[PDB]
Structure formats: structure tokens, C-alpha cells
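Here is how names work: the chains are called A, B, and so on, in the same order as the sequence lines, proteins then strands, and each is numbered from 1. When reading the values below, keep in mind they use all heavy atoms of this one structure, side chains included, and skip hydrogens, waters and symmetry mates. Both ligands and their constituent atoms are indexed starting at 1 by order of listing.
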Amino acid sequence: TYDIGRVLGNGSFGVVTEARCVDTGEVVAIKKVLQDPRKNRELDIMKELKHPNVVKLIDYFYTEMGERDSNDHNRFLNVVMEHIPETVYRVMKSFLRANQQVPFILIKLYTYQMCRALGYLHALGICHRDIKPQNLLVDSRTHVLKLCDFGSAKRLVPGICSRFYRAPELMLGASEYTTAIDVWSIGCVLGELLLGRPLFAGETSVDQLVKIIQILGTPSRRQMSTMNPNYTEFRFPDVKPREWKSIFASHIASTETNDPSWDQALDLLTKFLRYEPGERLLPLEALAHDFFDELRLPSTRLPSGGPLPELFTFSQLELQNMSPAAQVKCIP
Amino acid sequence: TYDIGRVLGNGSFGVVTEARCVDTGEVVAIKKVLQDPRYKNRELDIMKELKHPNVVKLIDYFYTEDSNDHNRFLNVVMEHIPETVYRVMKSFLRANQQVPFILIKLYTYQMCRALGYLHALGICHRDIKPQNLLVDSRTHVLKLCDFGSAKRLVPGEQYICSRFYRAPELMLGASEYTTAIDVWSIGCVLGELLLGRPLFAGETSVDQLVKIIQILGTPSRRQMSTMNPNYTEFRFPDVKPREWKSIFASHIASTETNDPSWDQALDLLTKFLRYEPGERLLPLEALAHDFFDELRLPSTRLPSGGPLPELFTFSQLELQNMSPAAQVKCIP
Amino acid sequence: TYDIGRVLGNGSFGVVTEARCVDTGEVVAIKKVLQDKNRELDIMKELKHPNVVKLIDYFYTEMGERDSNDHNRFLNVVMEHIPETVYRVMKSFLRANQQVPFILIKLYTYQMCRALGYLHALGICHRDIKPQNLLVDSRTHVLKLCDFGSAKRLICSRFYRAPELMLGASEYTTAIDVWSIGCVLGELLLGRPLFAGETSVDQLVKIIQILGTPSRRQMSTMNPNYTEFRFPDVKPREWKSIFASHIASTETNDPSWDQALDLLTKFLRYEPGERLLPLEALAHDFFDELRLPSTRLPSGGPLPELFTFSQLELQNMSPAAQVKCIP
Amino acid sequence: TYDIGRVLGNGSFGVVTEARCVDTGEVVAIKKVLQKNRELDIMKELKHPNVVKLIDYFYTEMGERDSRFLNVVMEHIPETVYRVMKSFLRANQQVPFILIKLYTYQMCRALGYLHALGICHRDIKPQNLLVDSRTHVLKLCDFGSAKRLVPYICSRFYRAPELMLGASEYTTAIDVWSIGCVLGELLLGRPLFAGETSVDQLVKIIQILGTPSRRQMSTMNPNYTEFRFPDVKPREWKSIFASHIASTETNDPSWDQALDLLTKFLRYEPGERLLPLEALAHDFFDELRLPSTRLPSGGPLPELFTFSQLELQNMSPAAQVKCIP
Ligand SMILES: O=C1NC(=O)C(c2cnc3ccccn23)=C1c1cn2c3c(cc(F)cc13)CN(C(=O)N1CCCCC1)CC2
Ligand SMILES: O=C1NC(=O)C(c2cnc3ccccn23)=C1c1cn2c3c(cc(F)cc13)CN(C(=O)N1CCCCC1)CC2
Ligand SMILES: O=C1NC(=O)C(c2cnc3ccccn23)=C1c1cn2c3c(cc(F)cc13)CN(C(=O)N1CCCCC1)CC2
Ligand SMILES: O=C1NC(=O)C(c2cnc3ccccn23)=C1c1cn2c3c(cc(F)cc13)CN(C(=O)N1CCCCC1)CC2
């Protein structure tokens, strides 16, 4: 049913390629992975998701190979998905090359839809576990953002690489963690969208723990125990917490032009990037932040002038995972 | 001119699959990786250079069959060896049996010699682990492979997700290192061969440094900085150095007639696993160690009874990169 | 003693698995069969030959009680491990749309004959020779017999079974293994089974369509209960007809095609008594290439063991065969 | 959940072993196969008085290395028709007619059920027909060869003639032919067409059914038309059992009804072989429908008549009034 043509980089190690569905002429994305045919976690998770900001699962099928053999005729699972041409990663580097900041309306739209998508996932009990700009699909014309790449997602049963966006509890080898690790990533994406470069760029985990400490300050004994208990008494150098207003001072200087956006973005950044995972602002709660107040005004449009994408038709599971204060605030 | 059938696994990015050469009837391994024909492939150029009894032979290579494409598929054809040190180890583990000292000697020797040659060309493998060490049970030949991470370390430049066998300088944001990182791996493999489990098994960059310190002791201020200068004044908790006979006490206990095997292996383990990369015993130099004296006796055989594999017909390049003291000891 | 791992497949009446010998690190095959004395193990203890699997060890494993139930007892036969079969090598070339090179057809057929000649010299009949039983190492191109669950001093296969067996014969000779040798030479040259019928009737017809009608007397040397039994009358075809297309595609100014087919005709004969004996076959011109000193594997390597005949092998070779076979 | 113990033998593939369910103490049979299965998928569909119940299934791993066992758990019954047969054979005695009727009936009803789901068993033989000596219940088992036949195993004596001619395509009638061979052996004390090979067997079939016509031959395998086969005359079933009919006599139509039922089963043309659910209404089973009939033990007869809706749907109207007592 599909013409496979041209490789779109690499997903969860498996290969992702462009494809045309011959019945409709439409282009789709096909991630082919090597499964053992006697159960694939990513595809079972994909079958559950339905949300305005998650890639649609379209079809799936196994490659034939034909060559039988009393060893392993391998077999390849083909997951067919909605094709969206860009990522938040690309839009950023496009603005970077232009030495220009992403407009605050796009930063608001992207962070919102990322938060809403990750809240749904967490409401189903699913943790994406590898949120980074390279996974946040974007449509330049409608500025829809969709989640994708669920090769690392998992239903965290009580009892991954890409290092710039991992939660600090992960870099300390926490043997147990919560869905909050995605919230730390949300903070890192929002952070990079505002800064023009990663907030905590470091080659290894040691290198990053330092850079996080050089900003959040030295973690307390109690904070350290909420991340990894085995390190409750592991002492770090005593660094005093630096504050966002300072790090972005130059950006606030050059850009800022009659906007409280910078105050709201940095406040929202603070509520995401917290050592104690339980103290991190939950994603569906975050939708109510004043940073998104612009998106609920009726006269707000895309910079193009076109209409805003889907933002407000919350499902009941979305509403159920919102505090009463949040439920009143989000109604546009 | 190959019948491609059955996937062996995932190498550096690409997939490796078994294949039959239709001209000779022989079985080979084909690693298919996603190249860009407009650029150069590092792994293939490196392999094109290697000729050594303990490196996989490069047999052939070819590209497999629009604008906006660019992404083509490089097919590298190599010698097929059906096992790894990884598989042999987990084999003995299940039997609650220690790998015999004759094999621990054979494998570590051939690994050192393969890595000594590699260094003599200026190449660094950068990801030595049991899974890369091909083994043939019948001859107990060991060969290096998986050169997707190899590189001719050029002073002045700058990310691997292999966890247990990386050198401490790598787990700090080093950005400059030497071929000594391969020697640290040699130590971890020899360590695991003797212990039945990884010497420093911890899931993250941070957890492992901790596990290494609980054994090697806290690094001195100068030992740090020969690893990563950016962390010279970084103090760790004060751990006392453990004794290898302590870690191996139970293994040393069970195996009666300790002989110098345990003493020579632990002396050789000590000379590999050193914080300062510059103080680590060089791989060809290691060949002359007393641990391998059994390999040089004329009456020594494999446990099967068969003859020992290639061990001593050193090339001229090997000799030039051996201290004169080592050469008289190594040539039997 | 042994670490048991991968299941390689199914032998005669049991499962065969990979295993590591803990003393040596070597990989071996263990055939575990239900000992509910074995014949196969007695047969295995006798065999020593370059082209038979080595018997390495054996031990019993029991599950349950005894006088209570019937518990279980299992014979575990430990053998030399070879990683491929002729069956696998064949299907590999088939997928490639390629003929097995004549040097490998020579090597495999030669070594198969020698093992079966030795086996027969002991008076043993293998009784189930097929590509799945002919172990091969691509690296050396050594061929070894295995799977002796049917061997016997005088089956569920059908494609490589002799015509006498498929006629229900009660008595047979060791020449049933020579028919199987030819059906393997045939598949190596045709790229597909010479006689491939699902059943034990469909198969005789496909044989008849090539060998012609067995004479009144020929049918009597196969199964006497069928002498005066008439079959449809087909005229015998010629192997050069059946292989005409292959002989064209593979061309060459070599006598291999003529020599290979001359050997096929001498193997595949209705009369068991007229079939070329396995050790006599070694002297056939087909294997003259193997006796040249300059010959190598296609790889470039040395040829496997081919000529160091034991004294028993020599006793079962005609004097003409002895001068032709010693290089 | 299970203690795996004594090995009972080999089914279509894999080994079957005795086992105890630790929860109930009950004994069950576990078929362990090396694996979406077909046999397990088919087993999951069947629920009928004369098919083994599938109780459970579970997989064991054993290994964890780069480059599985299905365990099918079933109702345990300690005998087969095969084992009951050798019992009377060794006893120099014929299987009682009430038992022949019971076994053939339950077998027909089980295969009739199986066909109504579109499944073909393809390897019915005495060794597959479980029996309980106490109740004389018969249940089908060993579905490793079953398949639904959307248009290669070594079963010998009970294969249909179209199968022994390797017919690339066939119908569920092959199970009907086996029913006939099982009934036949129950009456004769030995296989009807026992031969070392297929050749020996067609020869034995030809010596009884006579030489097949071209069109009969074309309903089996279109190939081999007008090809081979001497002129052999059809023999008579009453001749074959003449010695048995003497010794027994009985003054009963049992021998006539059995041989009539044998004739309607063992026919070259597959479409002309008596369908199984039809077979239940045959006069042979009239005794099983009498209220005063009991087992030879004195006990009650097993389940025989409480037909599901599908069983009724595949019975001719004449058959339904004949079968309901
Ligand atoms: O349309 C889609 N539906 C999906 O599910 C899906 C998908 C599936 N797995 C992953 C993993 C990461 C990112 C996206 N995906 C795509 C899909 C859409 N592009 C992709 C690209 C590579 C790729 F591999 C998959 C996709 C290239 N590209 C991109 O911007 N990149 C790739 C990595 C570096 C920069 C960020 C532009 C569009
Ligand atoms: O025969 C060969 N010639 C080569 O060049 C080569 C090769 C190329 N890249 C790599 C990376 C790692 C190891 C080997 N290779 C192989 C090659 C040989 N086996 C391989 C296996 C997987 C694979 F993907 C490649 C190969 C499985 N296996 C094995 O023990 N494993 C795989 C990883 C976990 C356990 C260790 C058995 C032999
Ligand atoms: O190493 C060995 N030493 C022995 O004695 C021996 C052995 C014992 N019984 C039999 C029966 C048939 C073939 C070989 N054997 C083996 C042995 C070696 N492989 C085996 C395979 C299955 C198996 F079941 C046994 C073995 C798989 N395979 C293979 O190519 N196949 C299996 C059947 C279909 C295709 C042909 C690759 C290697
Ligand atoms: O209790 C059960 N529930 C099932 O499903 C089932 C079963 C599963 N597969 C097959 C295949 C053939 C026959 C029965 N089965 C049994 C089961 C019950 N016996 C079995 C015997 C062997 C065996 F392997 C399985 C079973 C021995 N025996 C028997 O009379 N034999 C065995 C073959 C030669 C003579 C006939 C008496 C009881």
C-alpha cells in the first residue's frame, strides 16, 4: 500500500523514512524496526494515544523477507505515522542562523502544546523519557506541534542517551524516577527556545551536573535525596544559585520591547527547573500560567495572521488532571 | 554477489547481517550503515588499512541501490566469527564456573596485541567491550572489530553511549584524551574475565566514577587534571583504596593452587586500571608480562588439546612499537 | 560440565541444542532423546572418520520418581558441532539464483561418498541421507555425516529415498544410501530436488518419467511383490535433457558437466546391485580435479582432508580405484 | 502453577507430558512446543463434549541471548481408542458393539462439529481418540495438524486415497475417510489397509474398493487420470468379515448396520462419503437412543444428544428426527 522513498534521519535507532500511501497519494512516515514476532512496546503504546499534539498512528505491517531459516528470519516491524515536515529543533536553528530570537508567540504556542501533550501521556501513566527539540514535530504554516518518537516511552512500573535534556535525577543514576523527568525536559526546551542555545550544554553527565549546579546552586541534602537517595550525603562544591534574569540579561536587553513575556517565561522556567521532582510544575497545570494568557484572547492570531491551532478542546481525562484553579483559568 | 540472510544484530548504528559469498561459498558479515556518498566514511577507510591476525579482515564494500535523497547505504563486508568474549563469558556465568586461566590469558593477550597494533597506526578504537571481541571457540582466536567508533585522535578537537568500560577521563568532560582509553577498557575486560561481572557496573557516567573511586580510591589533585583539567580543584568524598585480593577474595578462595596466575593477573589488572592515562601499561608492553609466560612455553596447548593460535609472529611495525626489553621476553 | 543454550533444531527422535563444554570453551551439540540399548549410541561409539561427527560424551538425565510413575530417563548424546548443512548451503545459492560451483559439488559429493563407504565397510546403513544431515563448514568445506537415529546393521523423508523402499520392500541393502547420494548430487546440479513428490506414489511417477519403466526383472530386484505389476510405459529420458538449460547457462570448456552426469547415471539405477559403490565412486573422473596438487578452495585455502585413507577404506576399494585415488 | 512430570509421548509436534495443577491437585496434559501458533489458535475455538478442553497456555523462555517454548495445557484423559483396541486384541476378543457404536458416534459428532467450524483435522487415527474407560467418553485431541483449508506428515493407514496421491488440494472429506478406517479397524481387529508404504496401501484399497473410474480418480487428484491401476474388481465387506460374522452371529442388524455405515464412509469420490453429523442418524446408533440402554458396566451412557444450534444446523431434516430420542 506504500511507496517507501528517502530516509528521514534515524528514530529510535530503527530507520525512519518518507513514504506515499498509494490509495490517497498522501505522504507518511514509516519507522521500520527489527522485532521478534513472538510484542513491541512502542507500537502498543502508540495504539493507545489519540491527542491533538501526538503523531497519528496510521498503519503497521511486517516486512516479509521470505527467507525462512531455523535460526531467525529476523522480521521487520513497519509503523506508519503521520508525516509532519519539521521539528522544533529545525525552527530554532533556522532562527539561530538568522541571529534572531524565536518570536514569543511561537515560544508560547510550542511550550503550550508540548506541555499539553506530555500531560495527556502522563495521565495515561506513560512517560516519554526522551523529550528534546528533535522530537517536537512542527508545521510552519499552522504552527501545530506534535509529540513523536515513543521508542523510549514506558509505563513506569514502581520498582536513553541525549544528555542535554535529561533530568538531574537521571544523571545521578536514580534507580527509581517519576514522570517528572519529562517536565525537566520541558524546562530545557523552553529554556533553549528563549536562550538561543541549550541551557545546560555538556558532553557527559558529570559535565552537566556541574552546569546545572552552576545555575541552580548546590543542591541541598534533602533535594539530593529526592533525586537519588544513594547520594544524600554526596557533597558538591558549594555554588550559590544564579538567577535567570542574569543568564538572559543580554537577551532581555536587546529584545524586550514593552512585553511582560520575559517575566512570565522566566517565572515558568523557574517552576519547571527544580531539583526535587515532586516540586516541578505539572504539565497540564502549567497550561494556566500567565505566559499563555495571550493564547486565550480571541483577537490573538499567528504572526502570519492565520488562526491559532487546536489549543482548548480539553478531553475529560485532561480536565480530570487539572486542579480546580487550573480548570477555571484555561477556559478561553 | 552475496546472499543476504539473517540479522546478527546492531553494530555502530548500522545493522550487521550474515551473508554467503556466492563465489567462494563462505559466510561473511555485512554491516550496512547509512552513508552520504558526497562525504567520506571513517570506519571504512580505517578498516581498509588494518591487516592483523587479531583484527577482522575487511573483505569487500559496496553501495546499495533522486534529488533530496543524499542518504545512501554503505555495505561493508567482513570476516565472520560466530562468537564474542561477551557470549563466552555469559556462557561460563550460567555454569557457575570461572573462565579458565588459559583462556583469560589467551583473550587478554590477543586483545592487547590487537590494540597495540591499532595504536601503532595512530588509531584509537574508543569502544572496546566484550561484545566487540570476536572469538572462535575451536582455535580460541580473538579479533577486534566494530570500528564505527575508531578514529586517529588529532590533538585539538572533541560522545559514546557504552557504559561500563569507558576510561575515567571520558566520564569527565575531557575533550582531549589519548589512546590510553583503550587500555582502560582492556583492564575492565580482564577484570570481568576474572570476576564474572563488570568491575565498575553502574548505569550512568556519575555512578561509575563513584564505583571506581570505591575501589581505586579518591584521585589525587594531580591524577585529576591528567584526566580532566577542568575538575582539578574538584574534591570527591575521601575513599580509601581497596585491595584487589579483597574484591577477588572469594574467587582466590575457591581456586586452590593459587599459583602466580592470580598474582600475575591482579598485578596486570593493577597496571591497567590507573587514573593517570600516561601511567597505564601500554598494550604491546603488556604482552611481556609474567601473566602470559604460560603462552610462551612450547608444551602449552588449548584445553581441547589443540595448538595455540597465532601469538608470536610479530610484524616489523609491532616490534618497532615494543620496548627492546619487551621484545626479548615476547619472542619465545 | 556443560552449559546448555540454543535449540539448533530437531534430530531423529529428540531435540539437538548448542552447548558449551566448560573445560575447553568449545561449542558442541547435545542430542537429547527419551530412553523410553539405544542402537544409535552403540552405532556412534563405533564411528571414527574425517567425515563423521565425533562422539564426544554422553550422560543420562532423569525426571520424576520411578516405581511410582514411570518417571523419565533421557539419553544425552554429545557430538562435534558443525554450523551448517549442505541443505543450508544449497538454499543460500538458490536465493542468489546461482549454481553451486563445481569445486564445492565435487568436494561435498566426494566426502559424502567416503563417509558412506566407510559406514558401509562397517556394515552399517545410514538409511536417511539427505541435505539436512550433511554438515558443512564454509571455512574449510569439510563435510561430515550426522543424525544416526536411523542407522542400522541390516523414515519420513521421501525425496531422497530409494525406489525399493517406496515400493514397500521388506528387505533392502546399503545401496539405498547410494540412491540418496545421487539425489544429493542431482539437487546440487539442478538447484532443486531431482524427484520431489509429496507422497510415496507421486514420487515413483516422477522417477519413472526420467529413468523409464523398470523392466520386469528390474522391478523384481526392488520389490518382488511387484514383478508382474505393470506401470505406465514411459521412455527413459537422458540427464543431458533434464539439465540442458543448466549446461547452457553454466557453459565452460570443462568436462565437469559430462563427468557429473556420468556419475549421476551410475548412482541412480533401479537395480540396487548395479549402483556404483560409494568408495568406488571416489576414483571417478569427476574428482580428478580434487587430486591435482594445484587445486585450492575458491577462497584460496587448502583443500580439506581427502586422501589419508585408513586400511579399512583401502580394503573396500578396487585396485583400479586405489591407483586413481592416491595422488 | 504446574508440576511437570512423566512424559506421555509425542503429539503432532513437541512432547506431551503429565502435569499437576498445584491450585486444584488435578492432573492435566501439557504439550510443550518450540515457538500465532495455529494449533493454539484452533484449540481456543473448540468447546464440545468430544474435544479435549484447552485449559491454559503459557510460555517459558530459557536463554536470553541474541540470535521460546509454548506450553499448551489440556484436559487429561488416560487412554486412546488405540490402547483400548490392543486391549481386546491381546484378549483375543472383539470390542463390544455398544462400545463400537459409542466410539464411532462420538467421533462422528466431534468431527461433524469440527467441520461446522470449517476446520479439518487431517490426522484422525486411534492414537488421537481419547477414551475414559469409566464413562466411555471419547474426545478428539492432537490438533497439531488441524487447519481450515484455504484452497506433509507421516500418518499412514488412515489417509484418504486422494492424500496418498499427493493431491495439492483436498477437502475435509479426508477426516471422513479416517472415521471409516477407525470404525473398520474396531470391527476387524486390525487396520483395514495396513501397508508399509502408500504403494502397499493403494494396493490394499484397490483390492477392496475395486479399480477407480477416471472421474473418481479426477475427484482425488486430477493428475494420474487414465494412468496406471490394473482392472481389480470390488470385493464385498461381508466377505472380509465372514469369519467375524460367523463367530458372533448375534441375530442383530449390528453387523449389517456397521457394514452399511462402513460402505458410506469408504468411497473414492470425496463428496460421496457420508458426512459425520448425518452419520449420527444411521440405524447403527439406534441402540444408543433407546432409554433402557446402559454401558456394559451398568452405568449411564455419556453425553450423546444435547446438540448445540450449530450441530442441528448441519443435520438433514430426516436426521434430526432420527437423532433426538
Ligand atoms: O513525520 C514524522 N512522523 C514521525 O513519527 C517522525 C519521527 C519518527 N521517529 C522520529 C525521531 C525523531 C524525529 C522525528 N521522528 C517523523 C519525522 C519527521 N521528520 C523526521 C526527521 C527524521 C526522522 F527520523 C523522523 C522524522 C527529520 N526531521 C527533523 O527535523 N529531525 C531529525 C533529527 C535531527 C533534527 C530533527 C524533519 C522531519
Ligand atoms: O562476524 C562478524 N564480523 C564482524 O565484523 C562482526 C561485527 C560488526 N559489528 C559488530 C559489533 C559487535 C560485534 C560484532 N560486530 C561480526 C559479528 C559476529 N557476531 C555478531 C553479532 C552481532 C553483530 F551485530 C555482529 C556480529 C552477534 N554475536 C554476539 O556475540 N554479540 C552481539 C551483541 C550482544 C552479544 C555479543 C555473535 C557473533
Ligand atoms: O553440530 C551438530 N552435530 C550433530 O550431530 C548435529 C545434528 C544432530 N542431529 C542432526 C540432524 C540434522 C542435522 C544435524 N544434526 C549438529 C547440528 C548442526 N546444525 C544443526 C541444526 C539442526 C539440528 F537439529 C542439528 C544440527 C541446524 N542446522 C541446519 O543446517 N539444518 C537443520 C535442519 C534443517 C536445515 C538443516 C545448522 C547446524
Ligand atoms: O490427556 C491427554 N490430553 C491430550 O490432549 C493428550 C494428547 C495430546 N497430544 C496427543 C497425541 C496423541 C494422543 C494423545 N494426545 C493426552 C494424552 C493422553 N494419553 C497420551 C499418550 C501420549 C500422548 F502423547 C498424549 C496423551 C499416551 N496414551 C496413548 O494411548 N497413546 C500414545 C501414542 C501411542 C498409543 C496411544 C494414553 C493417554
ask   = What's the drug at ligand 4?
value = LY2090314
key: Chain with most contacts to LY2090314 (ligand 4), per the PDB entry   = Putative cell-cycle-associated protein kinase GSK
query = If a contact means heavy atoms under 4.0 Å apart, which other chains contact LY2090314 (ligand 4)?
reply = D
LY2090314 (ligand 4) binding site (4.0 Å, heavy atoms) = D:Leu8, D:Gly9, D:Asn10, D:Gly11, D:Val16, D:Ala29, D:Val52, D:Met74, D:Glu75, D:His76, D:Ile77, D:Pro78, D:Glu79, D:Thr80, D:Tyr82, D:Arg83, D:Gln127, D:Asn128, D:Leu130, D:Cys141, D:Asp142
task = Tell me the source organism the PDB entry gives for chain D.
result = Toxoplasma gondii RH
